[PDB]
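Below is Lanosterol 14-alpha demethylase CYP51 with itraconazole bound.
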Amino acid sequence: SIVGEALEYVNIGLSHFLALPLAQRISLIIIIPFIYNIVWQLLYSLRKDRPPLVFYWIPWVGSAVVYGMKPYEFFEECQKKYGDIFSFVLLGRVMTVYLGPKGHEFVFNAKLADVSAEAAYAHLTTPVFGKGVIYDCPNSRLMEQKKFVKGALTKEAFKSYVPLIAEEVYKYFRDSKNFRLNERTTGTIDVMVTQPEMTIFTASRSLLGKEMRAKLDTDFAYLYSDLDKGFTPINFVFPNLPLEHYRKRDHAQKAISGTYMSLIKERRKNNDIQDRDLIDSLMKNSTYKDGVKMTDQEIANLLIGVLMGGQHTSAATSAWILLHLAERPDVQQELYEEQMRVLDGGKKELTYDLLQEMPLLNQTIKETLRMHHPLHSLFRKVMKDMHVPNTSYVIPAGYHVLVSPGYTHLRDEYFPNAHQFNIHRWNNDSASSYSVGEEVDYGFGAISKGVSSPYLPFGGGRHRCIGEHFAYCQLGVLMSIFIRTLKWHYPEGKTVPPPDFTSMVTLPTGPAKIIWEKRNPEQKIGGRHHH
Ligand SMILES: CC[C@@H](C)n1ncn(-c2ccc(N3CCN(c4ccc(OC[C@H]5CO[C@](Cn6cncn6)(c6ccc(Cl)cc6Cl)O5)cc4)CC3)cc2)c1=O
Ligand code: HEM
């Protein structure tokens, strides 16, 4: 028995491999991990304690392209092939999707030790907002921060915000070049241009106050734009690749946080701390339960986080509302009648209380959030091995879980004629969200314990949104004034555009233009201006 000869030929063979043409070796450097990846999947496909894994040809990339461009179609095909639980590789990571209310339950109500949101999100958010807040702190710090922010989002705060938001909308109609209602009776706008502006203007004025709003009338506004461009999906993958807009992002957050800090310190020095805005509120109520106070820098950062949170979700949403109503003059008509009924033909001034008596307007917001969940995919990093009840499936630590209530929003099974815009599906159910059972408190107020609602635009569990009532307040005022003031429709041959799933939120694909017309051509908006 002499296999020794063969053992020699192993060594000889490696040496020959080392000698190969400098190009052929490169080609091997491609084909070998290519083949390994394929064999690996086939091997993986034999495991019974793993959810099925979506096949992919290109290593590391995985299903990035198809998921990135059309995640709901991707999910539907996957669901057809595998059912509700399945995995797919995404830019070096394994994402395990759990579709439907069970998935909502599995991810949003996961134990604190099983999953981490901050491990999923911090490397995008921390550079944008700053240190020590949101996802750059332990979850218990986040919980209290959310408690602090909620303390400025009370009914009394909303009562005070409504005239301020209304004033901003009217000023925008008066002064913005997109409108100029005192000099033009009709015009064309791109809602992806107007809505982000109206959003930052109304959220600035109400949450941050008059000074900070006033700063947006200057080239300081460009910092917000710079900051905004650091809030993009690529920063999930590549958080710190050296380029110009990364530096501009960092500079922006320093500059903006600096401006907030400047105002905070001035207010403290002057004993000018009232109950006007979120800044006042946080200055008065910013101490953790262990007695550590948030620093002025952390307060500033938290303000950035909060304004950024409401910015894209709300802007995308009012864009979609305008776009759906543009081909539904019947709905604009019905909403107008409700406006005339509730505001006494317009001789009642809009208030927060009267907003609560506009069920069809609120249903319109609700239905838009059903058809256009701003965030098509929410993530968590799995921290401990997770057994999927009731299967043999185990989700290993190091995986990520992906939940998508927005996908369920669009399933006929849970919403008949799901692809039809029908505000009347919410008749006698016009509230932003409804807890169908018992409640629980994670630190920022009692919220629904079960997260099995097929409708979940604000998510649930410990990471649940706290801006929902502010968003309804802002969208409410905004659409109330739009409706009473204007009618609008599409250019010929235009209709509702498809979503752009590649950005941070599911905003419409641009340009998304509508034509407005004044209901009262001779109506003038008062106040001083220089145009
Ligand atoms: C480039 C190649 C191409 C083919 N490709 N390949 C893949 N993709 C892709 C994949 C996925 C996605 N995304 C879209 C964005 N999405 C996402 C974005 C934000 C997000 O936020 C969750 C947390 C953090 O931010 C906020 C958002 N928010 C909540 N309420 C208001 N805003 C948040 C929470 C708290 C605070 Cl204070 C601020 C903020 Cl912003 O919630 C979660 C998911 C993930 C999937 C985009 C592109 C591509 O485009
Ligand atoms: C209608 C618009 C909005 C929608 C659809 C929306 C959606 C959501 C969703 C789905 C979550 C859960 C995130 C997750 O589980 O990963 C969330 C969380 C949150 N939202 Fe919003 N949101 C909206 C507006 C706002 C506004 C106006 C604010 C600020 C006032 C805000 C601040 C937050 C915060 C602070 C969180 C906490 C995230 C966490 O705890 O990890 N949102 N939002």
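We number chain A the same way the PDB entry does; the residues here are 6-536, in that order. Read the numbers this way: they start at 1 and go in the same order the structure lists the ligands and their atoms. Side chains are part of it too, since the values below use all heavy atoms of this structure and drop only hydrogens, waters and symmetry mates.
The full list of places where itraconazole can be found here is ligand 1. In this structure, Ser382 is part of the shell of residues with a heavy atom less than 4.0 angstrom from itraconazole. Compare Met509, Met313, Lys151, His317 by their heavy atoms: the one nearest to atom 17 (C) of itraconazole is in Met509. The proximity of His381 to itraconazole, defined as any non-hydrogen pair under 4.0 Å, is limited to the side chain. Neither the backbone nor the side chain of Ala122 has a heavy atom within less than 4.0 Å of itraconazole.
Per-residue contacts place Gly73 under 4.0 angstrom from the following atoms of itraconazole (heavy atoms of the residue considered): 7 (C), 8 (N), 9 (C), 10 (C), 48 (C). Of the residues that UniProt lists as binding lanosterol in chain A, those with a heavy atom under 4.0 Å from itraconazole are the following: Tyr126.
Every heavy atom of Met74 sits 4.0 Å or more from the atoms of itraconazole. Taking a cut-off of under 4.0 Å to the non-hydrogen atoms of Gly310, the atoms of itraconazole that pass are 36 (C), 37 (Cl), 38 (C). In summary, the atoms of itraconazole found under 4.0 Å from a heavy atom of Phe134, numbered by their order in the structure, are 38 (C), 39 (C), 40 (Cl). Checking only distances, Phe384 never comes within under 3.5 Å of itraconazole, N or O to N or O. Nearest-residue assignment for atom 25 (O) of itraconazole (options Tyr126, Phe236, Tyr72; heavy-atom criterion): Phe236.
Residue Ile139 has no N or O atom closer than 3.5 Å to an N or O atom of itraconazole. Less than 4.0 angstrom separates some heavy atom of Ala69 from each of these atoms of itraconazole: 6 (N), 7 (C). In this structure, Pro76 falls outside the shell of residues with a heavy atom less than 4.0 angstrom from itraconazole. When non-hydrogen atoms are compared, itraconazole lies under 4.0 Å from neither the backbone nor the side chain of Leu96. Intersecting the UniProt itraconazole-binding annotation for chain A with heavy-atom proximity to itraconazole (under 4.0 Å) gives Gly314.
Nearest residue to atom 41 (O) of itraconazole from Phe463, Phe241, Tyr140 is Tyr140 (criterion: closest heavy atom). Binding site of itraconazole at 4.0 Å (heavy atoms): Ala69, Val70, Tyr72, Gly73, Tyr126, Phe134, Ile139, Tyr140, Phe236, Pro238, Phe241, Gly310, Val311, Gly314, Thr318, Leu380, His381, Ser382, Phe384, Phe506, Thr507, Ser508, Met509.
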Quick one: table the atom pairs, itraconazole N or O against protein N or O, below 3.5 Å, distance rounded to 0.1 Å.
| from | atom 1 | to | atom 2 | distance (Å) |
| --- | --- | --- | --- | --- |
| itraconazole | 6 (N) | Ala69 | O | 3.3 |
| itraconazole | 32 (N) | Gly314 | O | 2.8 |

